[PDB]
Asker: 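I'm sharing a structure that contains acetazolamide.
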2 protein chains.
Amino acid sequence: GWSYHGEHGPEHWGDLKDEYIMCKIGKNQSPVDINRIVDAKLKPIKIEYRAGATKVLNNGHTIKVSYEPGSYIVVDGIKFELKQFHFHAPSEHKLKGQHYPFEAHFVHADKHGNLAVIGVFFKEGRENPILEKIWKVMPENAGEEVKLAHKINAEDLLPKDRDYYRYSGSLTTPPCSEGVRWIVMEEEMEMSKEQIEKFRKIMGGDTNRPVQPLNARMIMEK
Amino acid sequence: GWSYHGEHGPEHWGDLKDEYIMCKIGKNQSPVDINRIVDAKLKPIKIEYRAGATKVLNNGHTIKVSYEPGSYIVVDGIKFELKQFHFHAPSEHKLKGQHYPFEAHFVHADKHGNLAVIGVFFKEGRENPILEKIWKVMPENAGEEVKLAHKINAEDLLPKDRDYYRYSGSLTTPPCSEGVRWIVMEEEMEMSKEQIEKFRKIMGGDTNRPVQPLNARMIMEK
Ligand SMILES: CC(=O)Nc1nnc(S(N)(=O)=O)s1
Ligand SMILES: CC(=O)Nc1nnc(S(N)(=O)=O)s1
Ligand SMILES: [Ca+2]
Ligand SMILES: [Ca+2]
Ligand SMILES: [Ca+2]
Ligand SMILES: [Ca+2]
Ligand SMILES: [Ca+2]
Ligand SMILES: [Ca+2]
Ligand SMILES: [Ca+2]
Ligand SMILES: [Ca+2]
Ligand SMILES: [Ca+2]
Ligand SMILES: [Ca+2]
Ligand SMILES: [Ca+2]
Ligand SMILES: [Ca+2]
Ligand SMILES: [Zn+2]
Ligand SMILES: [Zn+2]
């Protein structure tokens, strides 16, 4: 029963169940307004994707694309396998107080279940050809899933310039578990106004959790 | 009833009460082994201390020196007021897998109760003149407090080289609350073997929480 709106909305998540306690007491929650940044000597993130997107699901909260095993990123010398990617509108993260109209999340898990999420901002621009393939088949109602005709390579949704912001955060939907590595790409991608409109219409409203305080954290920039 | 040893010891803290839940589920706990470090362009920490130490307490877990109001540090543009300093042996933080024999913590709180702690490592060496003043009057039993004859300036216990490690962490004793700014000084201070021995004898054993995983975190170095 958690939602983006009303009485079961984000400000009340932590009161819905005991398992959602982090949504209430957590001090390292996501998303954030990226507005306390320091230059840091970070390593490039190794992105080892192959074409693997198989299905597209509407879960009522987002449009989620499942990925078959074998694609991974490397962070802190550890392999995190790509499980799925999904979308939010407007952007969950903000950048110096401003939203983008759309944000993609690429969700990865190491062998022990530790999570790393790559966030990619999308601005209004030219029609995105990869998103067109998914949008063409996007399920309208919650609980519906469709198989993709051809396997999409998620790497095509990532910018070529791979500078990034990094911080220690959380999942952005309940249970809002902490210990999550956030990698937010500096360079924005593009999609059409129409593509953005379609996603919003299907979702039926905004799909972003409000930004959460940074508290003791800094954001590191590569 | 939490302790450093036995059945109420650090591995069991999280099971002692509901209020100690972070000690069990927290993914941003302190202390840590400082072993995933990145150079960062951090600003110097402004340290505006005056002579203000008034009393020395043995609370059974540490020797704690209270400070009168008016001394503060600046972090992220915010003023955090020095409340107290206290000690652990051996060090709580490790540095590339190794302990120092002793560590001091300088505990600060901003106007909203957000905490910032400065950690200072001590190595065995020449006798520390400032610590000698406190040690001379150190209460030997839990619950005993003594007033200092003369006010001490905590700044004299900080290194002159002010490079530091920074990360987002927790209090190191229950309730192990998160959202704490840790500033660990890169340069070690010095104290005599005798001084270390005396503190240890009075405490009756080790006073350090075991290091906790870094999880998604990096340590930034100035
Ligand atoms: C099962 C799973 O992955 N759950 C997620 N919940 N929130 C996520 S997000 N917005 O942080 O990427 S992923
Ligand atoms: C009253 C107060 O400051 N409590 C503290 N508990 N643990 C601390 S530590 N080892 O993280 O400095 S300070
Ligand atoms: Ca710069
Ligand atoms: Ca750049
Ligand atoms: Ca920049
Ligand atoms: Ca660029
Ligand atoms: Ca740009
Ligand atoms: Ca672009
Ligand atoms: Ca270096
Ligand atoms: Ca030095
Ligand atoms: Ca240095
Ligand atoms: Ca040194
Ligand atoms: Ca020294
Ligand atoms: Ca160094
Ligand atoms: Zn998401
Ligand atoms: Zn301490």
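By convention here, the chains are lettered A, B, ... following the listed order of sequence lines. All chain A residue numbers match the PDB entry; in order, they span 22-243. Throughout, chain B uses the PDB entry numbering, with the displayed residues spanning 22-243 in order. One-based numbering, in listed order, for ligands and for the atoms of each.
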Asker: Could you list every ligand or chain that corresponds to acetazolamide?
Answerer: ligands 1 and 2
Asker: Help me out: which chain holds the greatest share of contacts with acetazolamide (ligand 2), per the PDB entry?
Answerer: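 It is most in contact with Carbonic anhydrase (Carbonate dehydratase).
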Asker: List the other chains with a heavy atom under 4.0 Å from acetazolamide (ligand 2).
Answerer: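 Heavy atoms that close belong to B.
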Asker: What residues, by chain and number, sit within 4.0 Å of acetazolamide (ligand 2) when only non-hydrogen atoms are counted?
Answerer: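 At that heavy-atom cut-off, the residues are B:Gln105, B:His107, B:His109, B:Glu113, B:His126, B:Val128, B:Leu192, B:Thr193, B:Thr194, B:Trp203.
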Asker: What does the entry say the source organism of chain B is?
Answerer: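 In the entry, the organism is Persephonella marina (strain DSM 14350 / EX-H1).
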Asker: What atoms of acetazolamide (ligand 2) come closer than 4.0 angstrom to any heavy atom of B:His109?
Answerer: 10 (N)
Asker: Taking only heavy atoms of B:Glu113, which atoms of acetazolamide (ligand 2) are found under 4.0 Å from at least one of them?
Answerer: 10 (N)
Asker: Please check whether B:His107 reaches acetazolamide (ligand 2) - meaning an N/O of the residue sits under 3.5 Å from an N/O of the ligand, judged on distance alone.
Answerer: yes
Asker: How far is atom 2 (C) of acetazolamide (ligand 2) from its nearest protein heavy atom, and which residue and atom name does that atom have?
Answerer: B:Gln105 NE2, 3.8 Å
Asker: For atom 8 (C) of acetazolamide (ligand 2), find the nearest protein heavy atom and state the residue, atom name and distance (0.1 Å precision).
Answerer: B:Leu192 CD2, 3.8 Å
Asker: May I ask you to list the atoms of acetazolamide (ligand 2) that are less than 4.0 angstrom from any heavy atom of B:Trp203?
Answerer: 11 (O)
Asker: Do any other ligands or ions come under 4.0 Å from acetazolamide (ligand 2), and which ones?
Answerer: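 Nearby: ligand 16 (zinc ion).
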Asker: Which residue owns the protein heavy atom closest to atom 10 (N) of acetazolamide (ligand 2), what's the atom, and how far is it?
Answerer: B:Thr193 OG1, 2.4 Å
Asker: List the closest protein heavy-atom neighbour of atom 7 (N) of acetazolamide (ligand 2): residue, atom name, distance to the nearest 0.1 Å.
Answerer: B:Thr194 OG1, 2.9 Å
